[PDB]
Amino acid sequence: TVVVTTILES
Amino acid sequence: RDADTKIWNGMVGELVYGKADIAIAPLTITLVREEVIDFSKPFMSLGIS
Amino acid sequence: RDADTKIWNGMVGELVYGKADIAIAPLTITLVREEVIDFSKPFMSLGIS
Ligand SMILES: NS(=O)(=O)c1cc2c(cc1Cl)N[C@H]([C@H]1C[C@H]3C=C[C@@H]1C3)NS2(=O)=O
């Protein structure tokens, strides 16, 4: 797969 | 960027170093980032408030 | 592109055909002209009013 990084923010 | 090191501590430091592939996040397109990563065209408009 | 002929005209078309070099103009970034030529990051944002 690919790596889809995020930050935890509403 | 770190002082004397330039190694990014955060999402883009995971994105630059081969760890992460795509970064879909509220990531501000500033000149420091775009000179060493790519951005697509923006998807949301905002400002300092 | 031309209506009924699909031949590229205009300021986009001049950049297509090699004659024009850069188009620093009130020109909207569009998917169909993204296909032929490159765009920068947008410098002004606006909506249909
Ligand atoms: N108010 S405006 O439309 O003239 C306008 C429009 C824009 C501004 C600044 C202003 Cl003042 N800066 C942004 C910048 C922030 C990051 C995203 C695009 C560039 C890099 N471009 S924009 O979104 O095209």
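So that the names make sense, note that chain A is the first sequence line, chain B the second, and so on, each numbered from 1. Partial entry shown, contacts counted within. One-based numbering, in listed order, for ligands and for the atoms of each.
- Looking only at contacts, the largest set of contacts to ligand 1 comes from what UniProt names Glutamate receptor 2.
- Notes: drug at ligand 1 recorded as cyclothiazide.
- Within the structure, the other chains placing a heavy atom under 4.0 Å from cyclothiazide (ligand 1) are, by letter, B, C.
- The authors modeled no covalent bond from cyclothiazide (ligand 1) to a chain.
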